[PDB]
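Figure: structure with secukinumab.
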Amino acid sequence: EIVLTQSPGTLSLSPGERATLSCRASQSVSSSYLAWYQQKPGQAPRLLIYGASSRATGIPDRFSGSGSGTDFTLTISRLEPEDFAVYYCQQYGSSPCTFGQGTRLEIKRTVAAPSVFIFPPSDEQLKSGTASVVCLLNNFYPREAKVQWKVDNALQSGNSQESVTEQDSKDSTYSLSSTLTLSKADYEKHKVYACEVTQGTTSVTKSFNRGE
Amino acid sequence: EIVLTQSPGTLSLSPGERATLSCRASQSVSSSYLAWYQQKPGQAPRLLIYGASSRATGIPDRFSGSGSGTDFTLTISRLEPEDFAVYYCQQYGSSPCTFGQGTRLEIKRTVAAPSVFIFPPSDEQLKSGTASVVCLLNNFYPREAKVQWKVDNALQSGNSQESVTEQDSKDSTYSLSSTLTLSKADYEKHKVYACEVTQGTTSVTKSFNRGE
Amino acid sequence: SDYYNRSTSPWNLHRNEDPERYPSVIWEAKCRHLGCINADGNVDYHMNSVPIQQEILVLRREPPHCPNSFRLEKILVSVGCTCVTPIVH
Amino acid sequence: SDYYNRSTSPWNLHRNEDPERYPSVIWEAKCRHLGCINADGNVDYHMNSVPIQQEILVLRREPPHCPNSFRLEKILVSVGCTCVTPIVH
Amino acid sequence: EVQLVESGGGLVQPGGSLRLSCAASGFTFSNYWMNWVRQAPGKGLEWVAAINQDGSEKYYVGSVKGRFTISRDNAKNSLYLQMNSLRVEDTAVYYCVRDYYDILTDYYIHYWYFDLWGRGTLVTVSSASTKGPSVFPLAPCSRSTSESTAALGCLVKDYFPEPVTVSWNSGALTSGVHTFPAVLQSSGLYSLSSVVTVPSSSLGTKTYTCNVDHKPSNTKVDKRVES
Amino acid sequence: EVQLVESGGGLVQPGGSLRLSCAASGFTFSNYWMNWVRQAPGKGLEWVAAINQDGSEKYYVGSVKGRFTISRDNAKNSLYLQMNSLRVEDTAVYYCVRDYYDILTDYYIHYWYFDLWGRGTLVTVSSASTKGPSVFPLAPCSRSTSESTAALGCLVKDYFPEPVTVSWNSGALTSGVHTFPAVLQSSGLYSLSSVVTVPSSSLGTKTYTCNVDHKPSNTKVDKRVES
């Protein structure tokens, strides 16, 4: 079964630039039967390149295909906003057909610090025996950032989960929800809840006292 | 292609004992289509077991076959001198047929120290511009032993080669030839040639002076 | 030949003779599996066993029950399976 | 069907009609390779492409050059290749 | 206008059955080979099955052996997938796809690539029962002073299966609204957050309400966040 | 009496050809499938090719693609292997083998295992020319005192190809004689040693001669070792 490995896992570039996408096959792909697909969050894939180098019907000139045997390249010469999506390669030379694991093309821009907000749990949830502290990191760049909950100064681990939005259509930033999750009995024994965000050197810390 | 791995690489046991030989298949061997062959030095292989458990025509009761799928065993319950040979497993359930890399069954007995002899090169070879110092390790047990040439006390490396006999039919020992190989110009500049053998604790050193 | 049992796409044979149909000796080839039997002896379902069919001529009486000369009818018979893949290599 | 081009054991067809031989429409199947084309599209020689042959009935005049009723002769024709292995699975 | 419409998704228990259906509108269905390609939430693309023009041939991925059955109906212009004894690992969005074919002379040449795709349906295989969301207000410890730009939100905790759709003030509030992808808790239930950052001068004037719509459970929570 | 006799071995240059022949004596040849299985000096067993009862089928190992050709002659009861464009890695002892067959009802069942083998021929693929051995005496620095059991030998240096056969005193001296397997020097030529340990009282009475027989070069060296 041919195993397609794509490089990089994720590619941060700015519109106007040239994107160079790699698909490495575990075995020689017969008669260069390799296709490339584009996939925007929430939508379904779209065929771009076939037979390693041929552009599909409608696909603009800026999309280019190269490769033979085991190494295959997809190139987008002068990047436009609508080109920032996930990219899969697929082979149709060996049975069964296999796909690459994907490479997302992200819109690289100026660093931005999030606007950190900390929301305490509601007295509605408190009567249900569970405490949920959410921290929001509003509009920031790049995706990487480190949130670390602190309860009565003690650092938390194993009791949090987070989620990140897709890249903003207009400002190209990222937002991040983080949820600490404790028992009502736990929360009711501590006064300080702090959400700590770290981007590079800086370490912003939004907080609250239980009785406030 | 099924890959058969046999364990151990070599098995030292004494006649009367029970030998337990292992053949591990990289994939499930179809309908337990596995054969076992015996091979004595200089002779050609001989079929012993077929269909993982069936003894071939003429093969004595002491030979036993076990296994299914990936793990297969060959057992010789009460070892006799004529059973000490190399053993290959072969599969015939997957195309192509592949063999195990082999497991030799050696006649384990009492430790014996070699009778170390050092022969200098002849004046016949000396006029041909090359010096060859041979050290013989006569009749010893087990096979393992370490020879280390020494020239004017300096330890030699990269200029020696050795060879070992098959296991002696009568006394079950091993003999070992070792050849140091130098230029005539080299040999003619040093006086002490020593062959150093090491078995366990002991380190016997046969030698000679060039002019003797 | 024993190709029917040693093929990657093995097939079973099924003999027949309809009350008027001739010859009596016609073994119809039927595929054993959907998939094919790989080199390791396992069935791989990204490949398919397909029967190769042949259009040929068979003996038939019209009007029926006649031991003389008449017009012979059509016959569609599968004679052996082969292993196919969706890829045109 | 395009099985001839999509099989692991692909075959080419060769049409023929000897001066007296009938019917004229008979395409003799010949194997493309000794080995078989694996899933990766390569030829593996630990497997063999073999033609499946069928014994059937063909039109022949005896005495020759006759457009009437006579006795039909024997015909040995390969109609499609299959992939075999030395192992009976 | 040439389209593919999947249907048949939904929550199933481990051991269950489902039948996905795909309506192939705007083209002569009989001319193409079809396939089912799945995508686990977040993970990549994976081929499930393939089918001949007339169904003469049915190709399958190893993992779905004798559990899944592809089938078609050239008269009803539809493709189906019969999913039996479903395992949790079958949780994915299934796409029905059209296989590009070419014609050199009088010979049809099928290629195992997909020139047309569908919207795909989400199949969820879990033991968890359908649970409507418990919706909570995300509000700063105290309005007073705080800052000039307030954040407000909705914690949509403990819902199953996916999806929910959050909306602000009956979809009038769209600007600077961030609805976070859901994270599957340790309880096997999803939780998510919708947030809005409004001028803190607007609080005490404008009311802020989020519209949590959980169609798998026909639940709809409309929650007013108060500072 | 049922036997297999290989012939056709010998030194070949890289790029060369050879044809191995195997005489299948004592059984009806047409009934069995045959194979060529090679063994590099010291290394293990490896299948090379296989052949049908009538030659209808010819199976080959990947490494020998379009370079080797198995063939038979049921009338001349023989099996052949046509080795073309030989590479150094082809250096090995080649065995011709008989494939076990069974008959359940009226059906022949071939099994890919070998109930009968031959003695095998040694094929050597190298650029090195045939070189006769340079034979030297192995004798203690000085007879006098030394010990009671003297060792004596023959250094058979720089011969090609293999084999040599060493013998002592026209094969009269067999007891306590050790002929060492040859080691392939850095020059691509073999060297080996035959040794004998005799009572040191015998020296000065008995003469000791070794008989180095290099049949690939029709050379025969008879050397007298003197203390």
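Chain A is the first sequence line, chain B the second, and so forth, proteins listed ahead of strands; every chain is numbered from 1. For the numbers below, each heavy atom of this structure counts, side chains included, while hydrogens, waters and symmetry mates do not.
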*Name each chain or ligand corresponding to secukinumab, including duplicates.*
chains A, B, E and F
*asked:* What's the chief chain around secukinumab (chains B and F) in this model, going by the PDB entry?
replied: Interleukin-17A
*Which other chains are in heavy-atom contact (under 4.5 Å) with secukinumab (chains B and F)?*
C, D
*Max heavy-atom pairs under 4.5 Å with chain D among chains of secukinumab (chains B and F)*: chain F
*Which residues of chain D touch secukinumab (chains B and F), heavy atom to heavy atom, at less than 4.5 Å?*
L34(D), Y45(D), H46(D), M47(D), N48(D), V50(D), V84(D), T85(D), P86(D), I87(D), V88(D), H89(D)
*Heavy-atom paratope, secukinumab (chains B and F) against chain D, 4.5 Å*: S30(B), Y33(B), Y92(B), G93(B), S94(B), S95(B), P96(B), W33(F), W47(F), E57(F), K58(F), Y59(F), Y60(F), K65(F), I109(F), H110(F), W112(F)
*Name given in the entry to chain F?*
Fab heavy chain
